[PDB]
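Entry with ZK200775: notes follow.
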Amino acid sequence: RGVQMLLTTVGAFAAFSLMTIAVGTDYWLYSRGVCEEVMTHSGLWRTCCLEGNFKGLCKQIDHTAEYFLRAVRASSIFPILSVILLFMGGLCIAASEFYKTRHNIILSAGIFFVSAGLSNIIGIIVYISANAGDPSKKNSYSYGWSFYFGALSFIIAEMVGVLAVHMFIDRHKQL
Amino acid sequence: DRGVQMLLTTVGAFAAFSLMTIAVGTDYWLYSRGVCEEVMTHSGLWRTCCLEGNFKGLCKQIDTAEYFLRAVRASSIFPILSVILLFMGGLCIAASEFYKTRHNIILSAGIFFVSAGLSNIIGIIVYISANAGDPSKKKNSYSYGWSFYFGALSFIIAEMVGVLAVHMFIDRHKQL
Amino acid sequence: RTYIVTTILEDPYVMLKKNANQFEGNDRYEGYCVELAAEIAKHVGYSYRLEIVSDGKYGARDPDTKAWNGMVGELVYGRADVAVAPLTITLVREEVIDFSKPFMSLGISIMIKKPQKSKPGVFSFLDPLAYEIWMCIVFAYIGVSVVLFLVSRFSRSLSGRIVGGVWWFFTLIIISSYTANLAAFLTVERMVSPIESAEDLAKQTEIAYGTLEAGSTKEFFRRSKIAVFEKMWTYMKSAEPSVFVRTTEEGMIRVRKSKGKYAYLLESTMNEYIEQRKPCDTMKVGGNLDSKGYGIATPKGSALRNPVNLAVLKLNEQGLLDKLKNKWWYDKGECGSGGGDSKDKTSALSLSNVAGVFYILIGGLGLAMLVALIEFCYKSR
Amino acid sequence: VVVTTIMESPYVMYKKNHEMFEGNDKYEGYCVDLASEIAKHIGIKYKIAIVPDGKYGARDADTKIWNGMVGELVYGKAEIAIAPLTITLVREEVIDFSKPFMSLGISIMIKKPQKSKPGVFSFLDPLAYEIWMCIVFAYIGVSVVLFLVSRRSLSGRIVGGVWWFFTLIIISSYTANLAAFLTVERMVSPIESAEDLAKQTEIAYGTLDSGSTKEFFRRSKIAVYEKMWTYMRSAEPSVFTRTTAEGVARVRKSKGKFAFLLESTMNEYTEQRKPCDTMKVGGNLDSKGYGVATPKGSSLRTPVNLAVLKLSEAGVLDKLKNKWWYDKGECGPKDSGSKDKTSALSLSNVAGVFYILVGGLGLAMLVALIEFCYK
Amino acid sequence: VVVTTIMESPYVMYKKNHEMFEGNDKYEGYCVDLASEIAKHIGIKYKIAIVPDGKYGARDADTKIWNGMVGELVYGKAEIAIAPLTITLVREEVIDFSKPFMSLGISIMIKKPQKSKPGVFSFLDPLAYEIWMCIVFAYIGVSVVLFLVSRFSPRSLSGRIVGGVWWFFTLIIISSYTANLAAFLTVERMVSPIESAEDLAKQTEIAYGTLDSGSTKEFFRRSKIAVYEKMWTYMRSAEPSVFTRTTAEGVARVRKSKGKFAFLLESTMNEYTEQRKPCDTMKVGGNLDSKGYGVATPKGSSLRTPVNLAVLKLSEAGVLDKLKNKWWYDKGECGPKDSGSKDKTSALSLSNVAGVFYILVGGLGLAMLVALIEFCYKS
Amino acid sequence: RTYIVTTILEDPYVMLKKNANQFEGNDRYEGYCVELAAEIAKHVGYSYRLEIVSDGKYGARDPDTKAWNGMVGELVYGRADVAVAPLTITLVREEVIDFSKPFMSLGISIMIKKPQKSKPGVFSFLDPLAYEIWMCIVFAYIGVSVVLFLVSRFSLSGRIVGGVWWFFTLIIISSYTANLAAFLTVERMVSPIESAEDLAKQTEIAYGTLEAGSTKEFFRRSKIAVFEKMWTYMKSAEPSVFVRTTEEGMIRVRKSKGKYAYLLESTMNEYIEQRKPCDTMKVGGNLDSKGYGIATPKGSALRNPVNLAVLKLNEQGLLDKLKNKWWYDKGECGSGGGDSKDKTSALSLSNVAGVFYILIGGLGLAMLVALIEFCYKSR
Ligand SMILES: O=c1[nH]c2cc(C(F)(F)F)c(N3CCOCC3)cc2n(CP(=O)(O)O)c1=O
Ligand SMILES: O=c1[nH]c2cc(C(F)(F)F)c(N3CCOCC3)cc2n(CP(=O)(O)O)c1=O
Ligand SMILES: O=c1[nH]c2cc(C(F)(F)F)c(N3CCOCC3)cc2n(CP(=O)(O)O)c1=O
Ligand SMILES: O=c1[nH]c2cc(C(F)(F)F)c(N3CCOCC3)cc2n(CP(=O)(O)O)c1=O
């Protein structure tokens, strides 16, 4: 009953916090690039060097069908729509837990959660395609658990979505 | 369509007997070219004999996981099993046509029909595996004789009389 | 005064005109060298009357008799000043007379018979599993069908499950075999490469090759010291079949008879002409083995040695030599008018070899719709 | 006797031990070895000299003075020209040339053809488009005949069996083709492989500012070089290169880039240099030659002509070219091809199916929403 | 100067049939050209003797009369003899010998097999052996766990998980099998069941026979190493008459049949038969012994030192290996096509696919027997 | 009277005794050469005293500015009787002194490091793909599962989802099968190095020898076409010989991880095959034919008995027995003293073990969640 409501509410709140720490620091990928195989930590909009003679010197970064994919990778509209969709879903579940008289808002919020998972999977697959589509000529493919808690956000969003669907079924049976 | 189906089943059994006699009486089992020099010879299990050449008239036959297959190919138990099971099925259907009061005989006859299909299909597969194993060389080979076609016709007529006999066995037991 | 030029007609230089004797003689001559001679006569100005060679030969050194023959033999023994007919350059030719410039660059070419691609129809569909086992799986399918029908009607059951499992195992094993075999055919047909250069021809053994005895190619190969050409000559020495041929035409018709494995290694111009011939039965690959050249022939101390040098250099610089080569080697050719007729090289399974499954698919749906109509009209009765 | 020689990369090198000796045996390569060979063939005392002009010799046609090796020969300062020089009509009435010993012509070289890395076309590489929308046609035919027979039976079993067998043959052919493609990894030469195949393509082509190439391209009547000239003139002004170093720096940057249209000498020299990445020759165009020069009134002209002709016919310059052009190389992979590691498939070769599946799921949930809305 | 050689050797031959370059320079081969090469160094007069005796050279105890080339040498009719002499003791106390120009050693002979066409073993050849009943054990485990799950609490999540993991299992096992079978069919590697002389003694499945009488038979009977004692004890129990009378009979017998009747012979004759018209031979390498072929002179003289220095200086110089290589590898056309030919596609015949056909047909047969039995007995 | 013999301290022939000083005199060294000397002294009959050469080098007969070294110089100087030692037969040594017989055949071997690849477990399961590919396949499984669940609970969207999932797993299975087949048939078509023409054809593994010596003289005076090509390839010397002595080259080859090769004598290779740790093997045959010998004076009475005794011992086979026991009994290896690895291709439960492990793990997870379901039924 209300225990699952509390569970999905705290799951959504943890999803928002995990989302903002995902779209916060730029600790996404570790590569042996050049500030020589020097180790730098790369994110989305900025990349700096954690060791070497250029300590403290941080620089900005960027980037028919291939043009569309690289434009999507550079603009990163997929995470923007994902986080906007997640925030709208959170506002909808806040309204649902505030306004008990509304019926279709639970099904709507489940739809927003499933589409948030959809946005997450398309964003992660376009990110791997973008950063592996340039092989050029060892340990260049290293991960700093960023995609690991991205996967955690994905699975918790899927869990709260299926819980919302199940409780829509329950509340329609109770009607 | 009941009496005409009886007629179809007994005609199919008689045709199966005729094809079995033709197969066991076949001399042109396969069109294999060779020496009696490579010239066309009519390979026969009982008498492998030639049609073209200066030696026409006198002729002689062909002969753990490999000994058994060679032994059962040389002994040729497959035609014996085929004719025995076909004769058993034909006698069963003839007795069923003679006396109708028994109903297990036609199910039994279907059993001999499907086991005769079993026997002649395993005979076909063992014969093809036996005569296809010649890796010593022969640019042109295969070109199989009509005996394989007659055996296939016997197999298909046996399976169709078997399914028809089983189906109307279940029927005639149902309205009984 | 007038001047005469000695030319030899083999191909395609001093070919006679279509009207033959209906013309006035000298004015009936079309080809490469005669047009070049007319042009270089127009550049400086002299009579370009055509003469007839005596024996039809090109000329060779005969120190035993100290004699001469061919165009060079006619030119050395007076009554000749310009030899327009192209000829190879040896040491004795430069020793007895002098050449000005080579008007073209050419050499020994290595050739191969052109393969033909003929994708079959439904035959390629049952190709990768022989002939008899398609029959075997057809009666295996009807056998598993009759067993399933009898166990369904005669009786979820345990006996049905084992039959279904062994049928499933059968399907997966035989289709794994078909996939492995088809991958084998595709890979084997794919890693092979056409012959090229001379060293790849040297490692190859079953392809075989040979050249004529009465030619400069055999002398070049015998006197060569290149290790690759040393291997060429050492294999050519151990020749059990009748590899050698006397003339070009017999060797070429013998090649066209076999057309599976041979190489003759003849001069570049003749190979190009055969490439532009209606048989269309060969492909040219690789480059020139040597750096032989042609040239014009003049006697010593003649007044037509420097003007012909400037004339041939003017033709070389202006590109009119390339114009004549294109006109008389590609425009007049009846074969290979569009040289780039097959250059996409799309190496993939197209519709020309996999259409057998589509044909049996259409046939199976045809039989399915006829038996459905038979069932429908049986119901309607 | 004294001979001039210009400093060039295929022909003469400064020795690593510069202090070994100043004079005769101070340089190595093709040109000095050819000079030594012809000196041994004829018999003469020869030295080594370097022209102080730095040019190859071209008539300025305004002050009427000849420079370079031809100018040194004309102005009574040299008699032998072992340095290679192309034969030209203008440089024939002022200097006499020998018979050419090297054949060269205008050639094509292209950048290194690497493996393709597409996003969608990688899935499209096996089979072809025609087979695939024929699969679509077969699928819609199966759907419509199933809907026809719908309105346990023999027909259903037959259609299911033939559909299963059909998709079975499709998966097997697809798997065999893809396995062959991964096993062979055979590279395909680009479109720029012939003169015309270079003509209709969209790849930008570049050349030097002035030289033999520009002189040949000033006048043309072939109606294909006219098309090439119109393509060059209508392109960007970056086509012209002041120095070949800037051109090679441009062509090593992009896959298409500005491809050169030059003679084969630098092509065959750079196919086996220290950066073994480009080793492409394509076809051959035009015809040129390289020969030695001799001023008029000199009796050694005939001797050197016979010497170079004999050396070319019995064969010693081909040996020198093979030893110092192919055998002398930083890498051995150009002469004989090698293999490479197959490595992992990554995702860029299989990224096509992922997008199709996720878009299919998305469109499924949209059409489910539309079905809810309309009902 | 008279020099002699044997004619019944694969080193000399008659040019054409008759009247082909008649004279001293009539025969061609390794031996005559080597003799000419060593004659051109010191400057001796080359000639031909080729006197036959029916034997290569021996010393009977009761006759005490030497025969062959050594018999000609001891009594005296020539001063230089180049012939394939295996230098041993009893010929060494009579006349001297020079440094051998080539190695020797007994090498085993086996006919090279072409391909294998087994039955059930062809089916079981790819993947492995223990994997098959590993899958059948796994299948039994999945079946029993599914039945106990259904009986305990009758799909849900557990059914979905077990179905998915079984689907993953079947896809991965078929992918591995297809990959292995494709790798087998695209290219093949040949290793042969024979590898070494120790493995030859260990296998005890192929018949071995050296010769009726000769150097090989004498070495086998007078051997001392324990593995050769095992080989000799195997030779004692020789039922199918493996005592080959002649070397031609042995190679003719081993050419027809490859499953048994292996031949024992020296490396020279084995390598000569490697390049002969049937073109079907195989050797594993390794020489059991170490002899050589050398020239001999009657006692000691000035020609002894000259021929010894001549043959030695030819041994360090690259000319004897030149002659050996060019002769043996250019009159034999089989070895020109080195390694193998990739133009052998063929197709999957019945013999290597019929095993699963037998399994299917037996499975359906025993299935309908057990079905009829259980329906007749349970009711 | 007494006789003196000389021997050089060498690893395969002479043992430096650990007890040493407590057993002095004739029993100071043990090994092949001194046992040969003892056997031939027992055969001929005399007293032999061991000696050590002053320079400790093999020496040569090069016509330098006098001062000849080695056993040949020590014997031509007159202060020697016999010299049994490992010595290479050459014309400059033969010019003043003769040798008895070649008792051992020497060839040129090629150094190849031992190819050992331990098969991994679960890592080899994920080998013919990428880690992000497996992340994406599990993500797509979760996605298709949740779409199927929502379309089942909402209620042909379910049919089209099933169809696109079938198409997706169709492509995934086909791609994985193709990749695994490609990897396995690439691993199958590898070519091990045999003889010299394979080395000249591969042009990928660096090969070199000592700067001077018999091998360098053979390479400098090479005339075999493939050996001439190899000599011209090594004449570029882009990585050079990169060697100083035998052990330095051995260390370099071992540390090169199979990317470097060395051409040393077959005797040294056979000795280092078992004494060293098992990381190199002998492949192919002898690149040249050469032998050994025992130095004897040209005009002494000890010239014929030494030849007779050494040839008798060679024919008897006790020399072969002694060599075999000394080179196999005291060997720190198991390549020849034990069974080798049989090449049977196929698999041996190496890469498919990890997928079996995840199979059992998935069945375990399924049965535990079914246990959770049954305990939830208990309630
Ligand atoms: O000056 C010479 N010019 C030659 C020109 C050609 C041709 F190609 F036809 F133009 C040929 N053909 C080569 C191919 O087979 C037919 C004859 C031979 C020539 N030869 C004799 P080769 O070069 O000794 O055979 C000369 O001597
Ligand atoms: O006979 C001639 N032979 C030439 C040979 C070469 C080279 F390929 F390097 F060997 C060159 N290079 C062109 C590119 O820049 C470096 C020099 C120029 C030559 N030129 C002058 P062009 O008029 O500029 O061709 C001649 O006249
Ligand atoms: O002097 C001799 N030189 C020999 C040379 C050879 C060989 F070179 F191999 F041809 C052989 N082969 C032995 C194997 O069968 C073929 C002949 C025998 C020789 N024998 C007789 P053995 O006593 O049987 O060695 C001699 O006496
Ligand atoms: O007479 C000679 N006998 C030799 C005997 C041997 C060996 F048997 F191996 F001990 C060797 N080894 C070569 C490999 O490294 C270790 C020394 C060298 C010898 N050398 C000098 P080479 O000219 O370098 O062969 C001679 O001169």
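Note on naming: letters A, B, ... go to the chains in the order of the sequence lines (proteins, then strands), and numbering restarts at 1 for each one. Determination method: electron microscopy, 4.2 Å. The figures that follow rest on heavy atoms only: side chains count, while hydrogens, waters and symmetry mates do not. Whatever order the structure lists them in is the order used to number ligands and atoms, beginning at 1.
The full list of places where ZK200775 can be found here is ligands 1, 2, 3 and 4.
Ranked by contacts, the chain bound most extensively to ZK200775 (ligand 4) is, in UniProt, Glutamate receptor 1. In this entry, the other chains with a heavy atom less than 4.0 Å from ZK200775 (ligand 4) are F. Checked against UniProt's transmembrane annotation for chain F, counted from the N terminus, no segment has a heavy atom under 4.0 Å from ZK200775 (ligand 4). Taxonomically, the PDB assigns the source of chain F to Rattus norvegicus.
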